[PDB]
Engineer: 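Dropping a structure here in structure tokens format, bear with me for questions.
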Amino acid sequence: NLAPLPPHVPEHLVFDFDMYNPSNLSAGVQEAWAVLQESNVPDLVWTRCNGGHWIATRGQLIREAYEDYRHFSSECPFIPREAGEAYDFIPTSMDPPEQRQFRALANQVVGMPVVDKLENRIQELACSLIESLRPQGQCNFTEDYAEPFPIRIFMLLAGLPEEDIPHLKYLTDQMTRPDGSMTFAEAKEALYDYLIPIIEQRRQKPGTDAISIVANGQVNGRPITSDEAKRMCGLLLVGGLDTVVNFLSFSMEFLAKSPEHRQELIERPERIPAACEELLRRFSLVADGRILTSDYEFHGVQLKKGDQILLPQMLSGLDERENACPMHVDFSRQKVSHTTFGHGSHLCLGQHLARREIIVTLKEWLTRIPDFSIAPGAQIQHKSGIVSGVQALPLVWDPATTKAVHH
Ligand code: HEM
Ligand SMILES: CN1CCC[C@H]1c1cccnc1
């Protein structure tokens, strides 16, 4: 339930929002979070849920905090406190200047140069999976394409066997949307338990895979340690198994419900890149934060050292003060403003990979299965957390309105 209100918190700023189970969940997860942006709600509130923490509700506040790493540290970035304290991935748990040197190494394994070179494999996997579903006239998108498409692409890049997916997928999910069976510390340790032996073997006999590159990597001229490699690989694992996987579902759910918007992409293919950005704004899904390094007055609100503050990446683009008709999806929107990949020194390094996976999915799906919809009488349930997602997305279509395209 609720944590007792801290001495310095003003009662008029209390809004008991629960990030792991928002009250307006059934209306759609983004909609649930948007309640924090209704006219009467202040720019900075305090919730007594999940141990108690502040919550910036507007893009201006969210962008500011992420830029100011001196007052807002990434050292304890998760809600609840025990999870944030136990979180030590690299570079996500570091603040500049220390974290800077580690980004370059991560770029070597997931940056644009590597992505460009994966294009053919990404398109090939997308086409086989899709053509595999096309004649069926149905599927549950989360298990049939959303999880397998991005996860296998990553498992390949990392040199990790596909049979290890169910175990790793379960562990990463306990870190973002815990079902209660595991604490954040335990899931993290089980992940390190999986990676440790592998990093040791990759340093003994290195291959060309992502993990061999990081384990035998160098940061600012010095060699990376075994502990630092483990901390970087864990972050990469969560990225391949719990980011794009959830995003693809929100996107396909929307496309399933808007024969209009998909028709726009079928008729005008060149706007798919632009559509991707708009969908990334409308269906933003990440929400982590920072911890106060000292007593600080921020926009008239007294914050005390150690207070945690959620800065939902998903909220910036949904803010009416950033985009005029927020809940409306407009592919032709002139200034698609958002912070879906973060803001400040920690801007997502996997975004280039993310965009190619989204863009290839939209093009290869619409090209083969242009007509489709939500299964008869099904009500789509969303799930909330550090990374929001979709519980199940069953789709249906008439096979006769599809077409097999050779890749
Ligand atoms: C739709 C997909 C994705 C979204 C929305 C997303 C979002 C984010 C966000 C919000 C951050 C910064 C968090 C913070 O400031 O604390 C971030 C960091 C990061 N992301 Fe992603 N990401 C996505 C996909 C991926 C993928 C696929 C990979 C890699 C396989 C990846 C690798 C990274 C890395 C390395 C960082 C750390 C950067 C740093 O801390 O300096 N991400 N991502
Ligand atoms: C799931 N995480 C929570 C905060 C950042 C996010 C993440 C992890 C790995 C790659 N990109 C984003």
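Residue numbering for chain A follows the PDB entry, covering 10-416 in order. In listed order, ligands and their atoms are each counted from 1. These numbers come from the heavy atoms of this one structure, side chains and all, not from hydrogens, waters or symmetry mates.
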Engineer: Looking at contacts alone, what is the main macromolecule next to ligand 2, by its name in UniProt?
Structural biologist: Camphor 5-monooxygenase
Engineer: So what's the drug over at ligand 2?
Structural biologist: (S)-(-)-nicotine
Engineer: What residues line the site of (S)-(-)-nicotine at a non-hydrogen cut-off of 4.0 Å?
Structural biologist: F87, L244, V247, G248, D297, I395, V396
Engineer: Measure from atom 7 (C) of (S)-(-)-nicotine to the protein's non-hydrogen atoms and state whether any distance is below 4.0 Å.
Structural biologist: no
Engineer: Within the 4.0 Å heavy-atom shell around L244, which atoms of (S)-(-)-nicotine are there?
Structural biologist: 8 (C), 9 (C)
Engineer: What's the entry got as the organism for chain A?
Structural biologist: Pseudomonas putida
Engineer: Can you report which non-hydrogen protein atom sits closest to atom 1 (C) of (S)-(-)-nicotine, along with the distance?
Structural biologist: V396 CG2, 3.4 Å
Engineer: Quick one: nearest non-hydrogen protein atom to atom 5 (C) of (S)-(-)-nicotine, plus distance?
Structural biologist: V295 CG1, 4.4 Å
Engineer: For (S)-(-)-nicotine, which atoms, with element, lie under 4.0 Å from some heavy atom of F87?
Structural biologist: 3 (C), 4 (C)
Engineer: What atoms in (S)-(-)-nicotine come closer than 4.0 Å to a heavy atom of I395?
Structural biologist: 3 (C)
Engineer: Considering only protein heavy atoms, which is closest to atom 12 (C) of (S)-(-)-nicotine, and at what distance to one decimal place?
Structural biologist: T252 CG2, 4.2 Å
Engineer: What protein heavy atom is closest to atom 10 (C) of (S)-(-)-nicotine, reported as residue, atom name and distance in Å?
Structural biologist: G248 CA, 3.6 Å
